[PDB]
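All chains are named by letter (A, B, ...) in the order of the sequence lines, taking the proteins before the strands, and each is independently numbered beginning at 1. When a ligand or atom number is given, it counts from 1 through the structure's own listing order. Method on record in the header is X-ray crystallography, 3.6 Å.
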Amino acid sequence: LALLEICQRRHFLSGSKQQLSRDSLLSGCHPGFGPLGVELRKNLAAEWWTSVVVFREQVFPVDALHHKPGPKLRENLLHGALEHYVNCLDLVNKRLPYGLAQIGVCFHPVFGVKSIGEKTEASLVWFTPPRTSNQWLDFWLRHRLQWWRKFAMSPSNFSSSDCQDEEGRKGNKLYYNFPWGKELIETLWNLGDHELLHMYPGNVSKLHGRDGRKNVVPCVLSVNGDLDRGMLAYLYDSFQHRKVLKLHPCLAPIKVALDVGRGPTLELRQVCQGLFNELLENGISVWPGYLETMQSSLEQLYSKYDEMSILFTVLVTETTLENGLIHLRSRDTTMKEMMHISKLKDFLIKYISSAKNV
Amino acid sequence: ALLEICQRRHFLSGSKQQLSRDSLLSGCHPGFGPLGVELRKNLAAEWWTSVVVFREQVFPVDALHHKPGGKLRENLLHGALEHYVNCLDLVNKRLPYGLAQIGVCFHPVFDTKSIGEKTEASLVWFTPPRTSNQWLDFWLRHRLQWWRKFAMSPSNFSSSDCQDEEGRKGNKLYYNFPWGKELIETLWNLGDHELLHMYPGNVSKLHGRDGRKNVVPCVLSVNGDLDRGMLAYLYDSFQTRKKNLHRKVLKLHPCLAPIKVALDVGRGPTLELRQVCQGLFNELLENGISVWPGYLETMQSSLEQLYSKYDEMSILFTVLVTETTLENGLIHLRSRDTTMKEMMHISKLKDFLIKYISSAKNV
Amino acid sequence: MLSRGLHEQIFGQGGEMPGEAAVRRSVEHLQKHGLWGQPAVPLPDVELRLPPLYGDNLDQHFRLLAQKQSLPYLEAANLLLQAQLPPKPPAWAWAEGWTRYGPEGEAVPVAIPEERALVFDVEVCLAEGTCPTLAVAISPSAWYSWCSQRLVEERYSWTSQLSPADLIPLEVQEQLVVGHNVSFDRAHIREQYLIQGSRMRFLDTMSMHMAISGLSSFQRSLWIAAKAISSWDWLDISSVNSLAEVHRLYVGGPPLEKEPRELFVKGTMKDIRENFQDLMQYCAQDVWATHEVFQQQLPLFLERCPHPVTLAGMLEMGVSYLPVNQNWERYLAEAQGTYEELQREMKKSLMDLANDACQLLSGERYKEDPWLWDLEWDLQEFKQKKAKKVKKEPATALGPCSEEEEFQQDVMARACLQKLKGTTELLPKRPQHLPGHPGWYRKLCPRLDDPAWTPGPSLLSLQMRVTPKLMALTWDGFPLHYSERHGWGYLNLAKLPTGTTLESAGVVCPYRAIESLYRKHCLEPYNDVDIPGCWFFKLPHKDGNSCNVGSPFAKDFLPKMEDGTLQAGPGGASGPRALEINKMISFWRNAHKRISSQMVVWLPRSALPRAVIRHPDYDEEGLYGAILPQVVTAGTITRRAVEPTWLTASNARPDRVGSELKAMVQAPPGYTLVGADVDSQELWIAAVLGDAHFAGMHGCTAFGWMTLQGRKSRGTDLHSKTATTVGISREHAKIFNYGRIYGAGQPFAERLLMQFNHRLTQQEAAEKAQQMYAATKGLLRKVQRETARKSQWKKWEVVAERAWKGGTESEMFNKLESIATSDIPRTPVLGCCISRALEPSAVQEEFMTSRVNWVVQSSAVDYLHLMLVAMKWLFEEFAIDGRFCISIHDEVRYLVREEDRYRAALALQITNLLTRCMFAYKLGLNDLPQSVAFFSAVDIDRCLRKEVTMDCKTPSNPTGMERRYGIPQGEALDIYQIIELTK
DNA sequence: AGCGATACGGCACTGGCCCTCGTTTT
DNA sequence: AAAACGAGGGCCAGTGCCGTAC
Ligand SMILES: Nc1nc(=O)n([C@H]2CS[C@H](COP(=O)(O)OP(=O)(O)OP(=O)(O)O)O2)cc1F
Ligand SMILES: [Mg+2]
Ligand SMILES: [Mg+2]
């Protein structure tokens with residue numbers, strides 16, 4: 001709709017005129033991403049790795065090759081995780097059921113002639129005994145659904161579906177309502193040892209791991225989520241005469257922006273540079289609109305910063321050079337407030353840490 | 001040339017015996033271990049910090065791995081060059097300005113027929129012709145500076161001034177491996193040739209405001225192999241005459257180190273208020289510091305064994321939780337740099353770790 | 001042509017003054033000495049039209065010049081002396097700008113205090129300087145008090161604007177400002193920073209005190225000890241340079257009180273305003289005391305320094321000026337970055353060595369370490385007290401699944417944790433340093449509650465005394481030590497006994513690993529104590545040392561580090577590299593404060609010469625500014641310049657970090673600096689003081705002939721002739737010579753020449769004994785040389801002859817001693833007496849060397865003054881724009897412009913010539929030699945430096961950064977006459 | 001009478017005054 | 001329960017060696 005157009009003028013996506021359709025975006029075919037989309041994706045992936053690093057006991061990060069080891073590119077992100085299985089058996093001391101997570105750029109063919117598309121996906125391969133396989137599969141279902149629910153503006157948009165077949169005993173798929181058509185966001189399968197037993201026969205005496213004085217070849221859980229589709233999901237979840245993207249604070253790429261109000265004076269630039277440094281010193285993404293060069297209107301400025309999903313906008317006028325007072329302006333409430341420049345860092349940090357809840 | 005056993009024993013690398021210097025330098029290695037990919041993770045993040053975030057006019061670019069028209073990309077410079085106009089629109093034609101990206105690249109290699117992939121962090125710096133050599137010198141000094149820190153011996157990393165076949169000036173960054181120097185990062189001053197070739201029609205959409213006039217941007221480029229860098233720090237970390245007593249430990253810089261602290265259980269056995277260890281665990285990871293869990297264990301062995309096991313993993317501190325700490329509240333601590341027992345409080349330990357990393361990042 | 005050297009002069013027709021017996025004695029002296037192999041190489045004689053002389057001699061020329069240059073200022077000072085003081089106001093006005101206090105101390109809002117002259121002392125809050133905050137100034141009419149904009153509470157942004165105090169009056173005579181350390185006040189003047197100007201000059205009371213009744217540093221050290229038989233008679237006639245002391249000296253009034261809180265340097269701006277009235281009052285007391293002191297000093301100075309040349313010379317010497325730009329800030333940033341980097345590397349290596357050496361604590365294996373056993377090696381674990389009870393021991397008191405139903409067990413463990421936390425906090429108290437680590441390691445660590453805490457062991461050094469022993473092997477030996485001096489180094493049988501006993505309890509001393517380390521060293525008390533190297537057992541004593549001081553630590557022994565002995569391990573070339581790192585940052589370590597804090601005021605594009613804006617340089621949004629060097633006009637000895645930063649400013653070495661500091665003074669576009677270095681002054685001065693005492697001509701001495709014989713251009717000076725003996729070129733030979741003239745001590749010349757040439761002691765001693773000929777000879781029991789023809793006699797009464805003393809042969813030290821014996825002023829020529837504390841009247845005086853040095857260095861400083869007044873005289877008389885001066889004792893540089901540079905250099909040559917002729921005339925004759933009449937070198941370029949071609953370290957490429965090139969001069973500048981119409 | 005001289009600073013080290021806290025006291 | 005004495009660390013100035021110039 002009118003969301004794809006404000007992602008072009010605000011650089012969430014790369015420049016296109018024909019391959020800007022919903023179908024081409026759902027496709028791996030690109031026109032990749034604009035800086036905003038890149039940062040959104042990076043924060044999203046950071047939170048993903050965070051939502052799986054807090055998980056007890058231990059999951060080891062790995063990286064797989066992209067091409068065929070014997071001469072070709074990868075479709076799934078499972079094989080590479082399976083190759084490092086026997087090795088990472090040593091590090092866990094073969095003690096308990098354990099997993100391997102990884103985030104990578106996987107490919108898939110897109111259909112004149114036919115081309116190839118890219119999607120950046122995050123996968124987790126969870127090795128667990130057959131008896132406690134299904135239960136852990138449901139566990140991961142819950143934790144993943146909750147994961148998509150945390151940053152969501154609406155939990156009803158995210159859905160979870162059950163299924164099965166002859167190859168997979170029980171599987172679950174995570175869908176996302178658009179609502180121009182509910183789409184696939186993540187797949188959770190319960191593959192047997194066949195996949196693993198196919199690339200190590202044999203003497204298969206290496207594969208079975210200890211399970212309380214018990215030797216047993218572990219059932220394999222295949223977690224596979226898409227972060228591009230997820231990015232688009234949250235983008236459509238944030239779209240709200242007003243045209244403002246209300247992405248989640250922890251997820252939002254740039255979370256604050258500051259300009260000047262008084263005419264182009266070196267001192268204003270000095271103060272703004274100071275605040276720039278102070279804010280970047282405590283890990284806060286800030287957009288420098290004080291460069292500037294003109295600082296035209298304030299309304300189209302706020303419109304620009306709202307279409308960029310900036311949490312707070314800051315204005316450094318000439319009065320700031322006296323009292324230290326500065327013009328704050330929210331996004332979710334758009335309330336024009338004012339406060340001292342020294343207590344800005346603390347307020348922002350506290351606001352970000354307050355959004356930490358599940 | 002014997003610390004390889006330490007790379008296999010503790011997975012910073014693959015456990016395959018076929019890991020020759022060629023197999024690693026080419027990018028044809030089977031893959032890095034968890035500690036290895038975490039080490040490379042922190043190194044790359046430390047690139048991203050001291051290149052993209054701190055310096056304005058620098059924005060992240062997402063270049064594809066292939067071409068819409070099989071072989072892949074050999075460098076991520078071009079895909080960045082493709083995004084020039086839009087990223088000119090977001091900066092309001094205020095050059096100098098750069099685009100950085102850390103992407104894996106694929107190099108064709110004839111083994112004396114294969115293809116080797118290696119992760120590279122490239123930054124393309126669009127700068128006016130009036131100030132090309134100055135920015136080249138600047139980025140030379142700052143890249144070399146960024147690589148000379150973290151080092152237990154900065155004397156190894158060197159730089160070489162070289163010229164093009166045409167005349168374009170450029171600089172190469174070397175690390176001194178035990179078998180000789182090796183290229184780890186390349187800096188070049190491309191004279192707006194490629195951009196002109198990319199936009200033959202309207203050269204007007206390429207004009208960037210130097211200040212009082214719009215000029216055609218000269219294209220600077222710095223590509224840093226982070227794999228070879230990761231290996232370089234891995235070698236530098238490891239120890240060399242009349243020492244009288246030797247211990248196996250790799251001294252990685254506390255910032256890029258894979259596992260920060262290591263939490264364990266002592267005296268031993270003690271049940272069952274050991275749930276406090278879980279508390280310290282989640283508290284630690286909540287503040288983003290890597291903590292190795294020493295709970296389920298088969299050893300039950302000498303402390304020197306797991307101390308050497310943690311020093312082979314370059315773990316900074318070893319925090320020990322015993323029952324006397326369950327009584328008062330003063331856990332044990334053993335630093336890697338200087339092996340020594342030291343008593344400390346809990347929240348004091350958390351904040352000591354945070355301050356340790358934060359201040360290590362400084363001077 | 002003629003008389004072995006003279007030029008075409010119009011400085012007096014007569015003249016000889018032949019002195020035939022005298023020149024016969026001189027020729028006879030120079031034949032037996034003996035030098036009679038003349039090279040006969042006539043320098044190209046110069047014919048030019050000299051500027052108007054005012055007659056009769058040049059003495060009265062310089063006198064009239066110096067008087068007319070200092071007449072308005074003298075009148076102003078006289079207006080300060082006969083001034084009737086209006087009393088201090090009852091209260092100070094708390095208003096921005098100036099406030100005039102006239103009748104009954106009322107408040108009259110004024111922008112500028114229009115007075116002919118006034119005293120001055122500015123105040124500055126150091127807490128957020130260097131911006132002026134308070135000021136008080138009294139005038140012959142009334143009082144004035146100035147306040148800065150720091151009256152309103154704001155969040156300012158200091159980029160050093162034109163906020164400093166305004167004092168100069170506008171045109172569309174005239175000014176004089178006196179004060180204690182007047183240059184610091186001058187640096188806070190709004191209109192002193194402008195490229196042009198200025199009519200206003202300054203008078204320093206401190207410099208004046210130094211000229212009148214000053215004292216040496218050595219005299220200062222024992223003056224303050226007042227809290228060598230007749231060395232205490234001058235204790236009450238002079239004083240240290242403090243304001244309270246100099247007031248208690250010249251006024252002798254009640255002891256003025258000093259601020260007990262030091263609020264301007266100890267406190268903030270907040271606690272200043274709370275005590276505004278009082279601080280103002282303090283400033284008033286200061287300017288009042290300064291006024292009294294000045295009033296008492298001016299006539300005294302005028303009496304002791306009668307020649308107006310010194311007056312005007314001291315007037316222009318105070319108004320120095322250093323133009324700079326953004327490249328200064330760039331210099332600061334880059335140099336500081338370099339410094340922090342090298343320090344990071346060094347400290348990293350050292351703390352790495354310190355860390356891996358901390359491991360041999362367990363168990364007691366440190367006693368075997370030959371380097372690490374003197375120190376602590378402590379093991380603490382404290383402390384706790386009992387509060388829980390009683391009578392029970394607190395020292396001893398594989399299943400697979402997948403559960404998650406206990407979703408809130410995490411916050412349970414969390415609650416357990418936090419509840420366990422806040423109940424131990426009351427068990428200790430004050431967090432001490434890490435006890436687990438040895439003492440030597442605790443000391444080598446920053447405190448935990450320190451705002452600048454860095455991880456691991458910081459505070460490593462270089463130049464400490466723990467770390468050099470921590471690693472270094474020691475001169476073909478193993479241990480190094482310290483007690484009264486460190487490892488012995490640089491700056492007929494003898495035997496000494498040994499011994500070894502035990503008694504308990506001291507620290508264990510190993511001495512086997514020493515022997516074995518010696519074995520490992522030679523694998524590639526006696527004997528081996530002379531030239532080789534070894535360490536005994538215990539004792540401890542010298543047993544074969546040459547230095548009588550010691551050296552902690554070896555920080556300038558690179559040739560004795562890159563030759564084998566000595567070296568370090570572990571290991572390799574880490575030693576020489578560490579020493580390199582030390583040498584590189586040696587300058588910036590002891591100067592970075594003075595350089596980075598060195599303020600500078602930027603002037604906007606409104607208050608600058610538009611004739612510069614017209615010049616093809618803006619430059620690209622570039623800022624242009626300047627800094628006044630802030631120099632004490634006259635400091636001992638003799639009345640030279642004294643400045644914390646720019647006089648001790650390092651030269652251009654490709655090694656040092658902040659070595660570019662000298663070349664950072666970049667002249668504004670359209671302008672260029674033209675300067676010169678006297679080559680040489682002190683040597684030729686000594687020479688003249690010899691030949692003018694011996695005879696009438698200039699070459700009638702053995703020493704005074706070789707001086708004015710060599711040319712530095714494609715030739716060999718006297719310094720260069722002693723440097724090529726060999727010999728070491730060239731500064732070293734200069735130090736050897738000037739060291740010889742002021743006390744050529746045999747062991748000093750020994751260890752010095754041996755330090756500079758690097759050979760063996762015997763041949764060196766031979767060379768010294770060969771060169772000690774110059775000072776030879778000299779004069780019941782006594783030295784066997786007197787006025788009688790033989791010493792041996794029987795009961796011969798002659799106590800009436802033991803009053804004469806003087807060397808013989810080559811040198812002329814007898815005249816330098818002749819001026820050092822007179823109990824009366826001793827002032828040649830001109831011509832100013834100094835210090836009632838060094839005058840042999842009522843002083844032992846036993847300060848001979850200081851007085852000889854005073855003589856010749858005063859000749860150098862009077863030379864300086866003459867150069868100044870001369871340069872100023874033909875700079876205003878003619879159309880030479882840019883009169884601003886920048887001098888360093890010998891060297892002197894003027895800030896001219898690119899179109900008047902050659903005529904300015906010409907003015908320099910003129911100046912030098914006239915001054916030389918002055919020194920010649922003050923002793924006779926007016927005739928002067930050739931290769932000494934004109935400058936050999938005249939630098940003309942954008943920034944100031946030593947040579948015309950300059951390289952550097954930190955910026956690596958000099959011309960790579962926006963610079964130009966220099967030009968040597970010369971003989972080609974002798975084609976542009978002083979008249980405006982040239983070329 | 002015997003002699004390096006004029007300065008300007010820095011950092012490393014130290015013995016002593018002063019405040020705080022604990023071990024020891026009605 | 002309550003008064004007193006000794007151990008620990010910072011602020012202070014002095015002192016010894018070194019860094020530069022001219
Ligand atoms: N050791 C020294 N003592 C001094 O008193 N001086 C100075 C005080 S002023 C006058 C200037 O000496 P310079 O350093 O410029 O040396 P110079 O001109 O006498 O000799 P040269 O021309 O520089 O070769 O003699 C120099 C020394 F090197
Ligand atoms: Mg000279
Ligand atoms: Mg000089």
* List the macromolecule sharing the largest contact count with ligand 1, named according to UniProt. =>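 Largest number of contacts: DNA polymerase subunit gamma-1.
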* Drug or candidate at ligand 1 from S-warfarin, ZK200775, FTC-TP, CGS-27023A -> FTC-TP
* List the other chains with a heavy atom under 4.0 Å from FTC-TP (ligand 1). => C, D, E
* Asked: What name appears for DNA chain D in the PDB entry?
  -> DNA (26-MER)
* Going by the PDB entry, what is the biological origin of chain C? -> Homo sapiens
